2 protein chains.
Amino acid sequence: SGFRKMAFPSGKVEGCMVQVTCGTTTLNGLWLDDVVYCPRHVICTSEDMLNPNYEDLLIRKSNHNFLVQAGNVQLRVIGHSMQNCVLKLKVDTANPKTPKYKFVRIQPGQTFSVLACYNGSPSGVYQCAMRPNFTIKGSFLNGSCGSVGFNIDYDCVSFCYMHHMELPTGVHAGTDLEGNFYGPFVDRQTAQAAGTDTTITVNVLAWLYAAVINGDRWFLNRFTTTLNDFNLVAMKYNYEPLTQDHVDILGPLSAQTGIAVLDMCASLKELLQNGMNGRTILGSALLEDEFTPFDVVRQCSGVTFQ
Amino acid sequence: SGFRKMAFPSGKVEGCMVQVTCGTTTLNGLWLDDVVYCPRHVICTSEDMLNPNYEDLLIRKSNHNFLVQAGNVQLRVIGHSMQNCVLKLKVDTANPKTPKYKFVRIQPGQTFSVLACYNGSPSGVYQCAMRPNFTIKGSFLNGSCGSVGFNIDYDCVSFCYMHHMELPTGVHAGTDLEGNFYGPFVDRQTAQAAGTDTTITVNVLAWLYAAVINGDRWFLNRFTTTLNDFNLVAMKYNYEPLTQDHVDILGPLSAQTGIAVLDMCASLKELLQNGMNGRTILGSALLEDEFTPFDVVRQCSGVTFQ
Ligand SMILES: *[C@](O)(C(N)=O)[C@H](CC1CCC1)NC(=O)[C@@H]1[C@@H]2[C@H](CN1C(=O)[C@@H](NC(=O)NC(C)(C)C)C(C)(C)C)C2(C)C
Ligand SMILES: *[C@](O)(C(N)=O)[C@H](CC1CCC1)NC(=O)[C@@H]1[C@@H]2[C@H](CN1C(=O)[C@@H](NC(=O)NC(C)(C)C)C(C)(C)C)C2(C)C
């Protein structure tokens, strides 16, 4: 019983966090095997910022301009390269704590855990989603750049996010671990329009199923809807279109609860049109969209990690 | 920028989680040095449950009736004792991953991180508060007993909760790591009245300060209130009394924001009386009470852990 915004256990990632310094700029890096990955803007000066030429900036640097600190221990940089918006620092020592890992570029609507760090030291862990507009609503202060997002599957850490910047609305932008930004963003100080966000419909449906699994049925109704008629209402409320593939993905939850997907869509329609009239669902007065179908199955089923 | 329900990094605790089996009952234990701590009801049969005599039950057990598994490795139990509602299993091997630790019995209104585990393996981490009625609103399934709650301060893990049981409302009850229940609960299957819960006023105020720090002032007003007149309104809305000690604890946040505590109390009063009229605070449509003053300072300041 219960339902919480649950992060993955962070231990496998904590062992990979380091501090990278170049000049007066210090941020975090990710140490896997003998490579440290970090945002390339570590190489920039404040005045380099409106349109840095990173190729030009990096050619002017030497291995010895990079200081990497793992705990108390300085790691010697023996090589460096740039891949998209990430810098790869080859170091003299392979990380003995390297977990089994992969790099993944996630789709909008997928969730991940963030290990927020400062000066190479973990501060906290929380769950995020990749928004439809390719921002994340994180909690990041000065010094958190290079903090990473991840998912865990059995023993394998799948890294999917590295933090780079804050947008004027207070939301966050960054890259995959190959250095490609999510969204239209670039690592320069130029005005940058974040698209208008939308609500992740398939996730709202997943969380309504979680509410049912946990014993709460008050928002259910006797109605059904067609997919087409549901999507007409979704559009009006700034919800993402629901596809047949989303319907299929919700199959396991529909089967467990005995509530067909399009019957749950009729409940969501009624909630969008009527509100909650002072009632809550899983302790929220808003419809929650940062749980995927898999997140619900995981937490209502008790999957663990090796 | 941003504000999330943030847990502590769990790595130091993950290294301490083990599986304990006695008969047909399997749950989690906490392995520190050469001792494994777990709920004493691991020794019970289903039929032992309405009023077990645990002294009588334990005298009938031998070291070899306890199976402890750390990962793939079986640890030999070489001694056993009962302390209140926890069983202490002395094992042949000291845990090489034992962190610096303490055991703490927390006050109602304090928060902690839970590492939910199953069969000795961590599943996820989330933040909880000890409610005024000494329950927690966790996420726990069959097999999660023996999962622990904790706080971290520099390098020191302060354990404060071990999970034992679920109450009929879906909330959770358990003990400190010395085996004393929080609240009036006992580890038997007898009807057990959980008191009527209340909202943690000092924490709501802390979270309103967090909202201001993060740039949002819409709920502020020009009014002030006396403590006495605030508490008269608190009572009507089932909020805990605010004391002068709470006011003092909110000092740092009041100083950082330039908003006196009793001025923030006037904003909360107006929110209780008027509602939010369709507005949100830090992404919530409800007033959030599971952040302490210290949690806010930590997350709006970037404290890390050694
Ligand atoms: C990280 O590098 C770090 N040291 O932790 C840093 C975190 C931010 C949070 C305060 C400092 N990231 C940057 O400084 C990043 C680098 C420049 C400027 N950056 C920003 O995040 C700025 N945002 C911004 O310029 N947004 C646009 C471009 C107007 C949309 C800040 C004003 C928040 C510093 C680059 C290379 C993008
Ligand atoms: C843990 O032992 C475990 N194996 O993980 C287990 C978790 C619960 C969640 C389903 C099993 N805890 C117990 O089984 C615990 C033990 C008995 C019964 N327990 C309960 O939690 C029961 N609740 C209960 O009896 N509540 C009262 C007493 C009516 C208020 C369940 C009905 C949830 C099993 C004891 C010793 C309390």
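To find a chain's letter, count down the sequence lines: the first is A, the second B. Residue numbering for chain A follows the PDB entry, covering 1-306 in order. By the numbers in the PDB entry, the shown part of chain B spans 1-306. In each ligand, atom 1 is the first atom listed, and ligand 1 is the first ligand listed.
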Quick one: what's ligand 1 bound to in this structure? I mean the chain with the most contacts, named like the PDB entry names it.
3C-like proteinase
Drug at ligand 1 - which one is it?
boceprevir (bound form)
Which other chains line boceprevir (bound form, ligand 1) with heavy atoms at under 4.0 Å?
A
Nearest protein heavy atom with distance in Å, relative to atom 30 (C) of boceprevir (bound form, ligand 1)
A:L167 CD2, 3.6 Å
Write down the covalent anchor of boceprevir (bound form, ligand 1): residue and atom, or none.
A:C145 SG
Do any nitrogen or oxygen atoms of A:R188 lie less than 3.5 angstrom from nitrogen or oxygen atoms of boceprevir (bound form, ligand 1)?
no
Option of least heavy-atom distance to atom 15 (C) of boceprevir (bound form, ligand 1) (set: A:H172, A:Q189, A:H164):
A:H164
Protein contact of atom 27 (C) of boceprevir (bound form, ligand 1) - nearest heavy atom, named by residue and atom, plus distance
A:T190 O, 3.8 Å
Under 3.5 Å, N or O to N or O, is A:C145 touching boceprevir (bound form, ligand 1) that way?
yes
Using UniProt active-site annotations for chain A, which residue is nearest to boceprevir (bound form, ligand 1), and how far is it in heavy-atom terms, to 1 Å?
A:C145, 2 Å
Under 4.0 Å from any heavy atom of A:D187, which atoms of boceprevir (bound form, ligand 1) are there?
36 (C)
Does any N or O atom in A:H41 lie less than 3.5 angstrom from one in boceprevir (bound form, ligand 1), N or O only?
yes
Among all protein heavy atoms, pick the one closest to atom 21 (O) of boceprevir (bound form, ligand 1) and tell me residue, atom and distance.
A:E166 N, 3.1 Å
Using a 4.0 Å cutoff against the non-hydrogen atoms of A:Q192, which atoms of boceprevir (bound form, ligand 1) qualify?
28 (C), 30 (C)
Name the closest protein heavy atom to atom 19 (N) of boceprevir (bound form, ligand 1), giving the residue it belongs to and the distance to 0.1 Å.
A:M165 CB, 4.3 Å
Protein residue, atom and distance nearest to atom 11 (C) of boceprevir (bound form, ligand 1), heavy-atom basis
A:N142 OD1, 3.6 Å
Name the UniProt domain of chain A that holds most residues touching boceprevir (bound form, ligand 1).
Peptidase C30
Could you tell me whether A:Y54 and boceprevir (bound form, ligand 1) have an N or O pair separated by under 3.5 Å?
no
Would A:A191 count as a contact residue for boceprevir (bound form, ligand 1), given that I'm defining contact as a non-hydrogen atom of the residue lying under 4.0 Å from a ligand atom?
no
Which organism does the PDB entry give as the source of chain A?
Severe acute respiratory syndrome coronavirus 2
What do you think, any protein heavy atom under 4.0 angstrom from atom 13 (C) of boceprevir (bound form, ligand 1)?
yes
Pairs of nitrogen or oxygen atoms closer than 3.5 Å, one from A:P168 and one from boceprevir (bound form, ligand 1): do any exist?
no
Can you list, by chain and number, the residues with heavy atoms within 4.0 Å of boceprevir (bound form, ligand 1)?
A:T26, A:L27, A:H41, A:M49, A:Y54, A:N142, A:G143, A:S144, A:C145, A:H164, A:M165, A:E166, A:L167, A:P168, A:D187, A:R188, A:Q189, A:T190, A:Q192
Could you list, one pair per line, each nitrogen or oxygen of boceprevir (bound form, ligand 1) together with any protein nitrogen or oxygen closer than 3.5 Å, giving atom names and the distance rounded to 0.1 Å?
{"residue": "boceprevir (bound form, ligand 1)", "atom": "2 (O)", "partner": "A:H41", "partner atom": "NE2", "Å": "2.6"}
{"residue": "boceprevir (bound form, ligand 1)", "atom": "5 (O)", "partner": "A:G143", "partner atom": "N", "Å": "2.8"}
{"residue": "boceprevir (bound form, ligand 1)", "atom": "5 (O)", "partner": "A:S144", "partner atom": "N", "Å": "3.1"}
{"residue": "boceprevir (bound form, ligand 1)", "atom": "5 (O)", "partner": "A:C145", "partner atom": "N", "Å": "2.9"}
{"residue": "boceprevir (bound form, ligand 1)", "atom": "12 (N)", "partner": "A:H164", "partner atom": "O", "Å": "3.1"}
{"residue": "boceprevir (bound form, ligand 1)", "atom": "21 (O)", "partner": "A:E166", "partner atom": "N", "Å": "3.1"}
{"residue": "boceprevir (bound form, ligand 1)", "atom": "23 (N)", "partner": "A:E166", "partner atom": "O", "Å": "2.9"}
{"residue": "boceprevir (bound form, ligand 1)", "atom": "26 (N)", "partner": "A:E166", "partner atom": "O", "Å": "3.2"}

